[PDB]
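Record below includes risedronate.
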Protein chains: 2
Amino acid sequence: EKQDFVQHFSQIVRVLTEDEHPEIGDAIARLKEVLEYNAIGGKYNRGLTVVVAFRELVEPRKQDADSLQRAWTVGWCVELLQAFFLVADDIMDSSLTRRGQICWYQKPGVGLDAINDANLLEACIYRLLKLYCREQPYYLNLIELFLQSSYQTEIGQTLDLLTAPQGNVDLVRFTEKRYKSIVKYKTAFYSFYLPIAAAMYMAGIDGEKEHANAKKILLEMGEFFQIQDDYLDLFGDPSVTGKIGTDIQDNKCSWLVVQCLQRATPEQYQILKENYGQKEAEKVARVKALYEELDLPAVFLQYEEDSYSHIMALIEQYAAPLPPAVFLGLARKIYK
Amino acid sequence: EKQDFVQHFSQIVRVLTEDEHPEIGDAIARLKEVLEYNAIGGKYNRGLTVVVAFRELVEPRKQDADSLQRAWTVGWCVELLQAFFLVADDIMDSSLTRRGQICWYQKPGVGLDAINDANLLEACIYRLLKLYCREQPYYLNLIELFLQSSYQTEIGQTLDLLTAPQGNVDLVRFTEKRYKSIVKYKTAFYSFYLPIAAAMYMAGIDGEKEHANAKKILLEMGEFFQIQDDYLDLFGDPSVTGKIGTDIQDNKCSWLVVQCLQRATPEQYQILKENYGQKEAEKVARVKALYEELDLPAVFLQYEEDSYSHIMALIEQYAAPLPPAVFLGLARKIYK
Ligand SMILES: O=P(O)(O)C(O)(Cc1cccnc1)P(=O)(O)O
Ligand SMILES: O=P(O)(O)C(O)(Cc1cccnc1)P(=O)(O)O
Ligand SMILES: [Mg+2]
Ligand SMILES: [Mg+2]
Ligand SMILES: [Mg+2]
Ligand SMILES: [Mg+2]
Ligand SMILES: [Mg+2]
Ligand SMILES: [Mg+2]
């Protein structure tokens, strides 16, 4: 399934680049480069979720060649949206690598031009929806879903960045309540709600209450996914994660620091105060050592188990009348 | 009219900030700040063009309070789009001031976070269209117009930036053909076509051929407007323009350098080669002095006259069945 999804990318790049209007040539070329470098090399889970859910929600007699093409394309739209956000997120977080290669903006000859490049990736979403879904009943529902999920992700990023001012001790700000708001908005809407909801609209499941019920499950899964992202920022294997962690030196409201603040002794609070939020390797190591001294890996592992049980309880409550398998396949993939 | 348009901004900021969901509070606050700093202080010509054209194209018996509100809001959408692009353009062009104050990203405590802030301004366009135009016949036409004009502006910005690589002599690239493509895409679609076309759709003028005819006039006006922007980058009064010029030190394909290359002697070409595209004030002054020695102000002034006559000839050819006054009021404003 992931090999089939990735094979459809050649076709996407081909239709996005067919406007070559020789004049715009050299920017179409650059657009190819941005797409090749930036939407390829991930696991493709968010885009595949659209396709998997589409096949589970749509009656097989309605799954002809062209409706399947529209599903693959919408899944690539979700991946282009993630590519838009990541590019810009790597600039703002001062990140070094992404998916096992240097962040696009560190590429010599790119730099802050990456800002345009990211806006273009966003623009491609709507070009693809027009090329493929324009005459479908769900066209406007999808455009609106993508725009709303962007807005919600940018609100989240705003909070992320206001809670993490550079060069400024922000520990008082780092609370559970605040953390939960950050991750709801910055990650949960676009990573989980968006692709399932997109498949739902394509299948003609438009009801407010069915979308609300699906959202109840999916926003909690997204919360877990971001907690996991925070854990792996520091404790993940960078040959697996494909990215260097910057949360400590970026002064982020990570699940780790939140959990640390609620366990630290007043001596340990001062260690964090003196070392969090700074570029010095030795300072970052003191924080990591405090996390390790507080058995934060053990705490994450227990949370992963408790979170799983909680999400499965919500699937029991809220999945119907959708197939639980939609949610269960997602759970398998993120608690893997 | 500009005082009425500006008065409606309080209401726009109020509806954009009514989601205060206490959790997202502090990002709504920041969103207010971004809107107050970044969509205010211009001349508002692009947003007013929507309103002026709306009143001229819509039968007065159809211009009730609420349809007029929708026109003011769509005009603010066009201004939010310009605010999105300028913010990001000031980062990528390394600009110092905008509208008589420091560029938002130079504000201490903003910096590259301005990237998110700009994406949020874009997002506000679609929130306003949904809040105000959702049940109108032209809703989808407007969303599609705004998205398309963004795409086209980002393609233009891509070309602008590829033709102007930092630290790299690009004079061979700087041709009339290339310049015309740049400005068509980066400026002409969103500054002129966009607001008139928006008013056209609101008035129920949806025809392909009427939009094409309007576009014929408006893209040429936009070409002139960018040529004027290039001229004033170096020769404008910064107490009038409100911005410091960076085209020479940014290595831009400005109308000025294009015109200089077609008049320069081989000695003068080498002066440009040795001094264009560099941060040193003394080098920038050599280029300005070469422009002045080539009587480029005199050339711009003659071009302004010839361009005016050309645009008026196109209004004669292509305005009907729209009122010429729509185009003539625009011409007055840009050749002012
Ligand atoms: O991939 P990253 O940078 O670890 C992350 O998950 C990326 C991201 C970007 C935009 C929204 N949500 C998450 P972050 O929040 O920066 O820790
Ligand atoms: O306001 P500026 O920076 O003079 C400009 O007109 C701004 C701009 C931004 C985006 C698209 N078109 C023009 P530019 O092209 O940068 O010279
Ligand atoms: Mg990041
Ligand atoms: Mg981030
Ligand atoms: Mg992370
Ligand atoms: Mg600029
Ligand atoms: Mg520019
Ligand atoms: Mg300029």
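By convention here, the chains are lettered A, B, ... following the listed order of sequence lines. Just so it is clear, chain A uses the PDB entry numbers, and the residues here are 27-46, 49-364, in order. Residue numbering in chain B adheres to the PDB entry, whereby the residues present occupy positions 27-46, 49-364 in order. Hydrogens, waters and symmetry mates play no part in the numbers below; they use all other heavy atoms, side chains included. We count ligands from 1, going down the list as the structure has it; atoms in each ligand are counted the same way.
All instances of risedronate together account for ligands 1 and 2. Taking the chain with most contacts, the partner of risedronate (ligand 1) here is, per UniProt, Farnesyl pyrophosphate synthase. For risedronate (ligand 1), the other chains with a heavy atom below 4.0 Å are labelled A.
In this structure, residues within 4.0 Å of risedronate (ligand 1) (heavy atoms) are A/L114, A/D117, A/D121, A/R126, A/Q185, A/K214, A/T215, A/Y218, A/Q254, A/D257, A/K271.
When hydrogens are left out, the protein atom nearest atom 14 (P) of risedronate (ligand 1) is A/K214 NZ, 3.7 Å; that is the closest non-hydrogen contact. Protein heavy atom nearest atom 1 (O) of risedronate (ligand 1), with residue, atom name and distance: A/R126 NH1, 2.7 Å. For atom 10 (C) of risedronate (ligand 1), the nearest protein heavy atom (residue, atom name, distance) is A/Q185 NE2, 3.5 Å. Scanning the protein heavy atoms around atom 2 (P) of risedronate (ligand 1), the nearest turns out to be A/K271 NZ, 3.5 Å.
Residues flagged by UniProt as binding Mg(2+) in chain A that sit under 4.0 Å from risedronate (ligand 1) (heavy atoms): A/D117, A/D121. With a cut-off of 4.0 Å, the other ligands and ions near risedronate (ligand 1) are: ligand 3 (magnesium ion), ligand 4 (magnesium ion), ligand 5 (magnesium ion).
Taking UniProt's list of dimethylallyl diphosphate-binding residues in chain A, a heavy atom lies under 4.0 Å from risedronate (ligand 1) for A/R126, A/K214, A/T215, A/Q254, A/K271.
Among all protein heavy atoms, the one lying closest to atom 17 (O) of risedronate (ligand 1) is A/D257 OD2, 3.1 Å. Here is the list of risedronate (ligand 1) atoms found below 4.0 Å of a heavy atom in A/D121: 16 (O).
Atom 7 (C) of risedronate (ligand 1) has as its closest protein heavy atom A/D117 OD2, 3.5 Å.
Of the protein's non-hydrogen atoms, A/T215 OG1, 3.5 Å is the one closest to atom 13 (C) of risedronate (ligand 1). In this entry, the organism cited as the source of chain A is Homo sapiens.
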